[PDB]
Trainee: 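For discussion: a PDB structure holding avibactam (bound form).
Chain naming here is simple, since letters A, B, ... match the order of the sequence lines and numbering starts at 1 in each. The header says X-ray crystallography, 2.1 Å. Indexing begins at 1, ligand by ligand and atom by atom, following the structure's order.
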Amino acid sequence: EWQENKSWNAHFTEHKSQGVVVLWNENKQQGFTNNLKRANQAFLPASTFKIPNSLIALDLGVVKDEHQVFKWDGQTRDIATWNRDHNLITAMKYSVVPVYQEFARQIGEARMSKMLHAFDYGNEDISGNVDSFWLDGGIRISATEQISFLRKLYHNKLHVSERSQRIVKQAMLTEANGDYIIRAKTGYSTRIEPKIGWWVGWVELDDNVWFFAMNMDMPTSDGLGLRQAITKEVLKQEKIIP
Amino acid sequence: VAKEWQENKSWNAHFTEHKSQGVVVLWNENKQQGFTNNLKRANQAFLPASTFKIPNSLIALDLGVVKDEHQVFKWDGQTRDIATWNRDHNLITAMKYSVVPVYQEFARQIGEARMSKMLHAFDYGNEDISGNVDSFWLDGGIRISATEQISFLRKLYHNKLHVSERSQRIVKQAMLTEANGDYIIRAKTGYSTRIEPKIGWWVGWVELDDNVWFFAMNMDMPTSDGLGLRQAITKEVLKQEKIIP
Ligand SMILES: *C(=O)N1C[C@H](NOS(=O)(=O)O)CC[C@H]1C(N)=O
Ligand SMILES: *C(=O)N1C[C@H](NOS(=O)(=O)O)CC[C@H]1C(N)=O
């Protein structure tokens, strides 16, 4: 079920980086990783938590649909794209923290905890602030647990409406062309060490789905582009993407 | 400039330079304003050909002929000219490779009575299903203009069509052509080859962060040499208008 393919380390080494890329071939029901230990190492999900947060908010009616406008609070933040009104699509695209913080507060501790349990999401521990537990609280999820979670989302098997799962998968749309479709979410766990970068999601091909979850050491924001770059090098090596 | 429809003849450069003739029709969803290089051709009704895969997919999902976007539609075993058709398909791939046999079967299952009722409810072009139940969109009575394609597409985009919200969401997912950090294109190509004038189609929309640009283009297609011009000329217009980089 889980093969260790150490050749992918070359992609990390060539990029002066370290981390794990985890791939899951849906058709074959087989997994591949350059590091089995790191693949099962649970980390703070950071912005990858916007996937279960969106799902819960949609199912509870906190988010009516992907067109609902979430007004900017007027607070100027470091990331320029957050300093405007957003809908679910753009909030996911620009990883708009205050929008997701508001969703989490509206969901509340009790429903957030019990609904995440329904998703079997990582350690299912929401300890810390309702609006920041995914960044500096007790929640932890491994790259293999991200895959397990994403596979349920792909198949509409999470215990939420099909509609909510379709809206999130639409909001996860990152890239598409004649060769593949990528539905994914980036993350950057900046608050608690080890500071890590995430990229979780999948690649849809005509006749298969390749699920992926990657994390890498991110001591600074300088290497953030490597989350997609390294994953893409692995996908290209495995002939998943041309 | 405050007008609902504006003609922009400068776009004709994109057709002429490519030794082509046609119409591109754009609709700025936010401003509720339309733009075209040819007002007359924008309203000229043609056979929808493969663009009919959008309403056909909608009807088939709503009626449960297509359970979901994963349902496998087996290859009948007949070898056809377009290689990609000679294999099993789901709604995503059938739309992607415009697999005619799959859609002919859908239409036959839907039947003429339900097909007619659905198109009238969709206000789809002239709503005329005359001809073969499995070919009317290629050689029958159905006619739709580029502007009527946009009207139909706007309702689909907003889940305003009479069929289920679910069928509309699945069809828009199946329409996914291209996506990146700047835009998302949800569209369907067409090539009306049976009844003159032989024409190429490209209908759909461009999703931006804060706007949607609906488009419908058709162009003369005397040879398959110009097929790539359907997307290329549209993209030249979208680039000229600063819609896409
Ligand atoms: C999410 O992890 N964060 C919000 C935002 N996301 O950008 S990212 O998806 O490319 O990682 C910035 C980083 C991080 C945060 N500072 O909370
Ligand atoms: C649809 O109009 N057709 C099926 C197929 N479509 O490819 S297209 O979307 O690029 O136009 C080939 C042409 C046409 C047909 N022969 O029926």
Trainee: Determine the main partner chain of avibactam (bound form, ligand 2) by heavy-atom contacts under 4.5 Å and name it as in UniProt.
Mentor: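 The main binding partner here is Beta-lactamase OXA-48.
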Trainee: Counting non-hydrogen atoms only, which other chains lie under 4.0 Å from avibactam (bound form, ligand 2)?
Mentor: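 Heavy-atom neighbours of avibactam (bound form, ligand 2): B.
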Trainee: Give the numbers and elements of all avibactam (bound form, ligand 2) atoms closer than 4.0 Å to a heavy atom of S98(B).
Mentor: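 Once the distances to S98(B) are compared, the set is 4 (C), 5 (C), 6 (N), 7 (O), 9 (O).
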Trainee: List every atom of avibactam (bound form, ligand 2) that sits less than 4.0 Å from any heavy atom of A49(B), numbering the atoms from 1 in the order shown and giving each element.
Mentor: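 That gives atoms 2 (O) of avibactam (bound form, ligand 2).
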Trainee: Go through avibactam (bound form, ligand 2) atom by atom and flag the ones less than 4.0 Å from a non-hydrogen atom of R230(B).
Mentor: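 By the 4.0 Å cutoff, the relevant atoms are 8 (S), 10 (O), 11 (O).
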